[PDB]
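First the structure, in the form of structure tokens, and then the observations on it.
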4 protein chains.
Amino acid sequence: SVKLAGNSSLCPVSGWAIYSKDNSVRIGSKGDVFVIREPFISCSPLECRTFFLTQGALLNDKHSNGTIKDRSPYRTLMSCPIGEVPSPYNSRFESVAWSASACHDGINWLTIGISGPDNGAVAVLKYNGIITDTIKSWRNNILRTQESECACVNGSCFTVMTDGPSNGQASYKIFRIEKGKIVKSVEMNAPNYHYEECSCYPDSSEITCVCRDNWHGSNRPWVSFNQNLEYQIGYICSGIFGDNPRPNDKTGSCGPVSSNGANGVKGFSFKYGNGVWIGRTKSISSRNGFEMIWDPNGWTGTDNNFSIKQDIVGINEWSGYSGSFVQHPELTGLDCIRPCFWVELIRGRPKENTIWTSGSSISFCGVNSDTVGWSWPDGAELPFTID
Amino acid sequence: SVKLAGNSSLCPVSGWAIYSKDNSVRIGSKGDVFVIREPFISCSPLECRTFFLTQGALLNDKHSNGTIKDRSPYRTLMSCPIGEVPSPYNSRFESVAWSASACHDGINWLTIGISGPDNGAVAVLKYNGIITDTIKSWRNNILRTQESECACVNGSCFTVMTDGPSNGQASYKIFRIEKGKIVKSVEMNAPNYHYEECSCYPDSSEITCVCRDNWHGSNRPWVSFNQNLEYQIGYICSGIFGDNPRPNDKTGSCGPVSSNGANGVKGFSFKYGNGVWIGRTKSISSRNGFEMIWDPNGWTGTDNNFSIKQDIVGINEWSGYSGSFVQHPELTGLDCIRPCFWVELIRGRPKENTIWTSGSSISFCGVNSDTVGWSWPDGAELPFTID
Amino acid sequence: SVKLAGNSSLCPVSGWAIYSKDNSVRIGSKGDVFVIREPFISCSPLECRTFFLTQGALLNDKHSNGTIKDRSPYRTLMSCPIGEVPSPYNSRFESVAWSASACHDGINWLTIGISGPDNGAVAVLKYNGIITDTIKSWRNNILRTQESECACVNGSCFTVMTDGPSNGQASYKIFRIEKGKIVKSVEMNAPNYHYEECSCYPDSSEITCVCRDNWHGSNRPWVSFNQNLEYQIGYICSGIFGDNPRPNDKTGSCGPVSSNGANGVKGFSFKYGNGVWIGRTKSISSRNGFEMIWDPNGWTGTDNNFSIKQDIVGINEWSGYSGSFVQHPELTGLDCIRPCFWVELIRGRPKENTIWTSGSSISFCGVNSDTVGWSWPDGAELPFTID
Amino acid sequence: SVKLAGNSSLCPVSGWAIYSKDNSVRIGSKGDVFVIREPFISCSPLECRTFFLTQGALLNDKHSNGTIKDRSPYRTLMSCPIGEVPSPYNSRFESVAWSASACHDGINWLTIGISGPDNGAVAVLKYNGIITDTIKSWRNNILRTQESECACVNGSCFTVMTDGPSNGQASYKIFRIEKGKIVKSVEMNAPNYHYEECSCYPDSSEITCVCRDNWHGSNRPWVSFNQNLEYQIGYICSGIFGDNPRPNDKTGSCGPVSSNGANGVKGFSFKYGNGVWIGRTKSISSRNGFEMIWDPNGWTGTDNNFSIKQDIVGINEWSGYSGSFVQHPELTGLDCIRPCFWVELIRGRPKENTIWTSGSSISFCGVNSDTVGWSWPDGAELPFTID
Ligand SMILES: *[C@@H]1O[C@H](CO)[C@@H](O[C@@H]2O[C@H](CO)[C@@H](O[C@@H]3O[C@H](CO)[C@@H](O)[C@H](O)[C@@H]3O)[C@H](O)[C@H]2NC(C)=O)[C@H](O)[C@H]1NC(C)=O
Ligand SMILES: *[C@@H]1O[C@H](CO)[C@@H](O[C@@H]2O[C@H](CO)[C@@H](O[C@@H]3O[C@H](CO)[C@@H](O)[C@H](O)[C@@H]3O)[C@H](O)[C@H]2NC(C)=O)[C@H](O)[C@H]1NC(C)=O
Ligand SMILES: CC(=O)N[C@H]1[C@H]([C@H](O)[C@H](O)CO)OC(C(=O)O)=C[C@@H]1NC(=N)N
Ligand SMILES: CC(=O)N[C@H]1[C@H]([C@H](O)[C@H](O)CO)OC(C(=O)O)=C[C@@H]1NC(=N)N
Ligand SMILES: CC(=O)N[C@H]1[C@H]([C@H](O)[C@H](O)CO)OC(C(=O)O)=C[C@@H]1NC(=N)N
Ligand SMILES: CC(=O)N[C@H]1[C@H]([C@H](O)[C@H](O)CO)OC(C(=O)O)=C[C@@H]1NC(=N)N
Ligand SMILES: *[C@@H]1O[C@H](CO)[C@@H](O)[C@H](O)[C@H]1NC(C)=O
Ligand SMILES: *[C@@H]1O[C@H](CO)[C@@H](O)[C@H](O)[C@H]1NC(C)=O
Ligand SMILES: *[C@@H]1O[C@H](CO)[C@@H](O)[C@H](O)[C@H]1NC(C)=O
Ligand SMILES: *[C@@H]1O[C@H](CO)[C@@H](O)[C@H](O)[C@H]1NC(C)=O
Ligand SMILES: *[C@@H]1O[C@H](CO)[C@@H](O)[C@H](O)[C@H]1NC(C)=O
Ligand SMILES: *[C@@H]1O[C@H](CO)[C@@H](O)[C@H](O)[C@H]1NC(C)=O
Ligand SMILES: [Ca+2]
Ligand SMILES: [Ca+2]
Ligand SMILES: [Ca+2]
Ligand SMILES: [Ca+2]
Ligand SMILES: [Ca+2]
Ligand SMILES: [Ca+2]
Ligand SMILES: [Ca+2]
Ligand SMILES: [Ca+2]
Ligand SMILES: [Ca+2]
């Protein structure tokens with residue numbers, strides 16, 4: 001076992017090849033499948049796993065009732081091999097949590113699971129399944145984290161946490177974690193910024209995060225930092241807005257775009273110089289459809305022109321959260337860090353007439369060979385027998 | 001593989017971070033989950049597992065009928081990874097048993113499973129799944145043991161067993177077991193004491209057990225011994241009574257507290273000098289709620305003052321059995337033995353209108369970083385379809 | 001990996017300690033559990049497994065209909081860890097078979113699975129799951145084998161097969177198998193003998209088999225042989241008759257006891273000099289109850305006196321097939337071969353008003369420490385929802 | 001780990017011994033079993049696995065509705081150990097796909113999964129679960145591949161793909177793949193030929209494929225090539241026609257037999273000099289029955305005489321697809337490549353009155369010891385509760 005170097009650059013990619021699809025909701029109609037949301041993928045040098053927050057209940061059972069609710073004592077972080085349905089029969093228990101992150105440093109798994117009351121939540125850190133540290137809410141207002149994989153470089157793993165209002169200025173901290181122990185942290189000086197649910201990845205020994213502004217930005221905020229946590233901040237400038245909801249594409253801003261800026265959804269983007277691969281919903285007002293857009297100057301440029309668009313989920317189909325995950329050379333045998341991404345396909349409340357809310361997932365990995373756009377939707381027929 | 005040293009002291013702890021929650025009853029509403037009770041956790045140098053006594057039946061099936069009953073030929077000791085639901089599809093078979101204990105010496109698993117008739121029960125000992133010894137009832141009155149993990153020190157594992165009345169003077173024996181073979185035992189000379197379901201842990205090469213007096217003590221009895229089985233006995237002196245049922249907190253006794261002393265529940269406590277971490281129900285009359293209390297002089301002092309209280313399960317929620325389990329430095333990489341504990345959340349009979357009785361579990365580990373009190377209850381909605 | 005020596009003697013035993021119980025039928029009321037019969041246990045140097053013949057169907061499903069039937073194209077030999085329920089989710093596939101045997105030589109598993117038509121059945125031999133040999137019916141009349149573990153000595157494994165009438169003189173062959181290849185066989189010269197479903201075990205480099213006479217013997221025939229297949233034959237002389245059905249205990253015979261000699265049940269016995277450990281039903285006319293009897297001169301003596309009787313299953317409870325299995329020193333660390341045995345608990349047709357027939361199992365291992373008699377029955381409530 | 005040599009000849013075989021049967025449909029009546037079709041078997045140096053295309057749904061659930069449909073975004077390639085039912089609880093995820101192939105080179109698994117739209121499908125290649133290459137439709141008309149195992153020789157694996165009409169001239173390409181990377185391909189110059197769903201195996205360092213002519217051939221086309229992709233093409237000359245549908249046996253042709261030549265079914269054959277082992281349905285008009293025929297001059301001879309016929313599935317029972325798979329000396333310890341084959345037993349639409357279509361499987365391996373013909377059908381009772 002050797003720790004991930006994380007010192008190579010991102011592999012340039014021309015398109016996205018489908019990597020997995022679990023059909024969780026379709027199968028859960030009869031099978032014993034967890035009610036879940038906020039799934040995400042993360043890989044070790046040996047395997048890739050799907051992490052997810054259960055509602056401590058199964059699909060098509062009465063306990064799935066009211067699962068639109070975000071936080072409860074019953075939610076747990078669990079994981080299974082990528083592409084398999086999240087079942088009590090194939091899932092490893094990770095932590096008790098209604099907000100989470102996880103990543104492998106090359107030696108062991110780090111998991112971060114947040115539970116407890118809204119006014120005093122505690123993040124429990126585990127390394128190889130052993131509790132190694134905790135961090136408690138510092139603003140007493142829903143301590144929350146990535147809902148996707150943390151990022152590791154040379155034995156150090158990094159994550160971002162938020163505490164404070166979801167509709168106004170909050171507090172954002174970056175953490176450096178070694179073998180499950182917080183060895184350093186810093187609060188970001190980001191007046192008028194809002195950071196939630198960051199999708200972070202390593203690139204040339206540094207970390208880049210693309211996050212969610214739930215306050216007043218329809219474009220996505222970003223934060224990048226080195227291992228010493230010296231950071232820079234900004235927003236993606238492209239007029240191809242990345243959040244949901246958002247306005248129709250137009251002239252963008254390198255600051256928060258106020259138009260339709262309230263609320264949002266977890267998302268991601270990959271930076272390549274001045275260019276950016278943007279993953280986003282197809283709808284500007286709802287969580288449906290998904291597409292990947294290559295914008296050669298979208299990181300720093302404000303125009304709404306782009307070069308490549310690839311369909312992932314049809315506009316008439318439900319989508320939801322999305323996030324980045326990477327495959328290190330230690331896993332692939334490549335000389336660069338390969339970008340992949342996952343999409344949560346949310347079914348149920350509030351948009352559908354069920355008693356429950358749950359999601360399935362799909363994932364893709366970046367390649368330079370031929371690819372094709374299509375739609376790989378959830379595919380479940382609602383409502384269910386339970387409703 | 002190397003045997004556990006067990007020669008370091010207990011890690012001082014300021015609070016308890018949640019470690020696991022299986023949501024067994026909620027999931028068993030639809031999923032294939034064993035009807036169980038008397039669960040407990042125990043760890044090896046590699047993993048932690050949940051042990052439990054099945055009723056040889058599944059939740060929401062007719063064979064769960066009458067499972068309030070304590071003993072039968074159908075009950076079996078099984079185990080699964082911690083935090084996972086006890087299912088026939090993820091559970092390892094250990095032993096046929098209606099009373100049990102288990103622990104890992106660093107090399108292999110030792111399991112103790114008691115089955116047979118009330119008037120002649122036999123404990124079957126296994127080492128790495130192979131029968132290595134037996135011990136038969138010596139008072140012909142329900143031979144019974146810990147219902148939690150045994151304690152191991154330098155290749156020797158220790159447990160306590162009881163035989164005799166549950167409402168009067170009984171007989172109590174301590175055993176030293178090496179590779180599944182009983183190498184020494186001694187009967188405790190404890191007139192007017194009553195010991196049942198001891199929660200035992202190693203500390204500085206010696207064993208400390210906190211147990212249940214079902215006869216006439218509302219405080220908990222304890223027994224401590226070295227590897228040669230030279231022992232000391234007493235009761236926790238604190239006026240913060242630990243058993244259930246019990247009186248309201250008042251002036252305690254270093255002997256058995258007669259007030260509300262009959263009946264009881266399995267519990268635990270961690271000794272730190274004259275101080276004690278007490279886990280107990282919140283109700284004085286019923287098995288509901290759970291809290292952790294730090295009493296700096298509660299081991300030897302009789303007053304009812306304390307310094308710290310941390311909520312674990314709300315008073316309006318069902319609890320049940322609780323027990324200690326430790327994580328050795330061989331597992332954690334620490335220089336001390338870490339204290340953890342589990343709580344059984346009992347649902348069904350006799351307090352609820354069902355045909356069945358079963359439990360789920362939660363567990364916590366002691367830390368010196370920030371923690372928070374809350375309520376992590378079972379969360380199941382009774383009755384079930386079967387009733 | 002090293003091949004089993006099999007050159008030590010049987011461990012003398014004073015009683016039997018319960019080893020496993022799967023509660024298969026009770027659990028199958030709701031869980032996904034195979035309809036099975038003819039289960040048996042066999043161990044490697046690492047683990048013990050339960051082998052069984054499925055009916056290619058699950059309990060409480062319409063396809064369990066008519067499963068009283070012995071042979072069909074759907075029956076398969078599968079296995080799971082001992083004590084676990086036989087489910088499609090935890091069972092390894094072994095072979096297509098309606099008659100079978102299996103054993104581990106210390107290096108790999110040997111399985112023998114017989115399928116095909118009654119008039120031309122073929123035994124398929126597999127070593128490490130690879131087909132290594134076949135043997136076809138030589139009398140064109142239901143080629144059939146042990147339904148329990150074969151026996152291995154120094155890299156050679158041995159089994160017995162029968163072909164011919166179930167109600168008259170048939171043909172019996174012994175096989176020597178090395179790495180899945182038949183290297184030698186011999187037909188037993190046994191006029192007026194009848195051998196079926198032998199329970200064979202190694203002892204001091206030679207093999208002893210105790211079998212079933214379905215023709216005209218209420219006592220059990222035996223055959224013993226060395227590695228060169230030089231054999232001896234006879235019947236257990238004890239007036240404590242071992243087959244079912246049988247007469248009340250009286251003066252026995254060293255030849256086939258004709259009284260109630262037709263029909264029978266698979267069983268076993270362990271020989272110790274002139275003495276014998278006899279496992280048998282409690283009923284003389286039906287497959288219910290089970291007991292272990294130590295008869296110090298029962299191998300060669302015809303009287304009906306005995307020294308020890310241990311209850312296993314109550315007379316008012318269903319039993320069925322039973323068989324021997326051993327644990328070699330390579331597994332136990334002992335200096336002798338330990339005797340164990342399993343009992344099939346048959347539920348359903350023909351004695352019960354269901355559409356199906358299936359069994360669960362219990363097992364015990366011989367010890368010299370204290371033991372106790374009891375009843376560990378199937379425990380299922382029939383009929384089921386399907387009937 | 002060492003790569004397969006693939007340089008030995010096929011093991012001559014006189015008959016076929018049954019190897020596996022999963023009883024998937026029977027078990028799926030109650031159990032949680034995937035709706036599948038197009039199953040196939042492939043082995044590594046360690047184990048054999050069943051690959052299959054799920055419909056992203058379970059048997060006896062509403063989402064099995066309309067599963068007669070060949071292609072959708074929900075279909076996925078998964079695998080489980082041979083002989084086990086394809087369940088979400090025991091199946092490994094491989095790829096998103098409605099057409100697939102897979103094989104092991106001795107070091108790692110190669111999987112090929114085709115998904116996307118009919119007019120622009122993309123094959124995603126994975127090596128050890130990591131995406132290594134893609135190939136996109138070149139005729140924009142349903143890119144499709146083997147639906148059985150690819151063939152590996154000295155670290156290179158080979159497959160055949162088709163793109164174009166199913167009822168006329170199409171385009172056929174052979175690929176050489178090393179560690180999941182396409183290193184060479186060539187389009188076959190085969191005017192008036194039609195190739196689909198090739199069953200390919202290695203023999204003496206070269207590859208032989210027997211395929212399906214869906215255009216105008218009731219006999220099967222073949223293509224053979226060396227590692228440099230230098231190929232030869234033709235049709236099986238035997239008057240014992242191998243496709244379905246087909247004419248009654250008569251005088252054959254070394255070119256496509258036009259009579260009943262339209263439509264077809266995936267099949268296989270093993271070449272031995274001028275002779276051929278032919279696997280085929282028993283019915284000339286429908287997918288029922290299965291038999292193995294040895295025709296000593298059937299590869300190059302046009303007569304309808306043969307030497308051996310072995311029954312596999314009765315004519316009154318449903319069959320379906322069939323394919324070859326081999327076991328290399330690296331797995332068996334033999335000095336030749338052993339031929340095996342599997343048969344898909346299709347149940348449901350369009351021939352049966354259900355809402356769904358699914359298959360189970362059986363498999364056989366070639367031996368030179370005694371064998372027997374019989375019928376090992378699916379055995380499920382339709383319709384099901386869902387219909
Ligand atoms: C679990 O066990 C309980 C108690 O045995 C079952 O409830 C009982 O159901 C039986 C059968 O329906 C009832 O027995 C009948 O009693 C009536 C008189 O009320 C008598 O006339 C009949 O001859 C028969 O004996 C019984 O009343 C009833 N007991 C109670 C307390 O309700 C229950 O059905 C079982 N549940 C499952 C899921 O198996
Ligand atoms: C699987 O799919 C089939 C076909 O869609 C389902 O059968 C169909 O069920 C629907 C809903 O009940 C029926 O639609 C209705 O048709 C009537 C006219 O007959 C119309 O007045 C209603 O407005 C409605 O459209 C439809 O008749 C029926 N089709 C057939 C061929 O029976 C079936 O229910 C599905 N099965 C499962 C388990 O989901
Ligand atoms: C901690 C927590 O509750 N986080 C939220 C989250 C949150 O409400 C917003 O980002 C605003 O702050 O949004 C949503 C969402 O679907 O928008 C899911 C989350 N649910 C879970 N993580 N359980
Ligand atoms: C062997 C046995 O039956 N032990 C008991 C136990 C016992 O009744 C008391 O401690 C009094 O002696 O109490 C209880 C109880 O929930 O209070 C559960 C146990 N159930 C099981 N261990 N199966
Ligand atoms: C090959 C086969 O059918 N063997 C039989 C067996 C047999 O009928 C007798 O011993 C008489 O020959 O008896 C019985 C039995 O329950 O008595 C179960 C078996 N069923 C299975 N092995 N499948
Ligand atoms: C890609 C695809 O759809 N291939 C087909 C296939 C095809 O229609 C013919 O060979 C004609 O081209 O036939 C059949 C069939 O059962 O005949 C099943 C396949 N289904 C799946 N592979 N999913
Ligand atoms: C990246 O890290 C690896 C492992 O330490 C090292 O060998 C290599 O020199 C580094 N690459 C660069 C470009 O610095
Ligand atoms: C869901 O919760 C509501 C309480 O708001 C309750 O009324 C309803 O019965 C529940 N539904 C189910 C199916 O349990
Ligand atoms: C505890 O045991 C270890 C291992 O034998 C030994 O090295 C060490 O000295 C002991 N620790 C103390 C504090 O005595
Ligand atoms: C039994 O076999 C073992 C392993 O070969 C050998 O060492 C030993 O000498 C044998 N024991 C006897 C009593 O022959
Ligand atoms: C069982 O088989 C019989 C045929 O003998 C049939 O009549 C009956 O319907 C079947 N029962 C079930 C539940 O399928
Ligand atoms: C086949 O390959 C093996 C491994 O490279 C080689 O040793 C052997 O010579 C080859 N066999 C033949 C018959 O050429
Ligand atoms: Ca079920
Ligand atoms: Ca926003
Ligand atoms: Ca642009
Ligand atoms: Ca008490
Ligand atoms: Ca005090
Ligand atoms: Ca008889
Ligand atoms: Ca006698
Ligand atoms: Ca054709
Ligand atoms: Ca011919």
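Here is how names work: the chains are called A, B, and so on, in the same order as the sequence lines, proteins then strands, and each is numbered from 1. Order of appearance sets the numbers: ligands from 1, and atoms from 1 within every ligand.
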Drug or drug candidate at ligand 4 | zanamivir
What is zanamivir (ligand 4) bound to here, taking the chain with most contacts and naming it as the PDB entry does?
-> Neuraminidase
Find the other chains whose heavy atoms come closer than 4.0 Å to zanamivir (ligand 4).
-> B
Listed by chain and number, which residues of other chains have a heavy atom closer than 4.0 Å to any atom of zanamivir (ligand 4)?
-> B:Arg37, B:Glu38, B:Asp70, B:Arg71, B:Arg75, B:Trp98, B:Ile142, B:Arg144, B:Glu147, B:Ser166, B:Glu196, B:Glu197, B:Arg212, B:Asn214, B:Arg287, B:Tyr321
Provide, to 0.1 Å, the distance between atom 2 (C) of zanamivir (ligand 4) and the closest protein heavy atom, together with that atom's residue and name.
-> B:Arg71 NH1, 3.8 Å
Atoms in zanamivir (ligand 4) with a heavy atom of B:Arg287 nearer than 4.0 Å = 15 (C), 16 (O), 17 (O)
Considering only the protein, which heavy-atom contact is closest to atom 16 (O) of zanamivir (ligand 4), and what is its distance?
-> B:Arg37 NH1, 2.8 Å
Who's the nearest protein heavy-atom neighbour of atom 13 (O) of zanamivir (ligand 4), and how far?
-> B:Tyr321 OH, 3.1 Å
Closest protein heavy atom (residue, atom, distance) for atom 4 (N) of zanamivir (ligand 4) = B:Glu197 OE2, 4.4 Å
Taking atom 8 (O) of zanamivir (ligand 4) as the reference point, the nearest protein heavy atom with its distance | B:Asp70 OD2, 4.2 Å
What are the atoms of zanamivir (ligand 4), with element, lying closer than 4.0 Å to any heavy atom of B:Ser166?
-> 11 (C), 12 (O)
Organism of origin for chain B (entry) = Influenza A virus
Any nitrogen or oxygen of B:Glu196, main chain or side chain, under 3.5 Å from a nitrogen or oxygen of zanamivir (ligand 4)?
-> yes
Any idea which protein heavy atom is nearest atom 23 (N) of zanamivir (ligand 4), and the distance to it?
-> B:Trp98 O, 2.7 Å
Taking only heavy atoms of B:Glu147 into account, list the atoms of zanamivir (ligand 4) that are under 4.0 Å away from them.
-> 22 (N)
Of all the atoms in zanamivir (ligand 4), which lie at a distance below 4.0 Å from a heavy atom belonging to B:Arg75?
-> 23 (N)
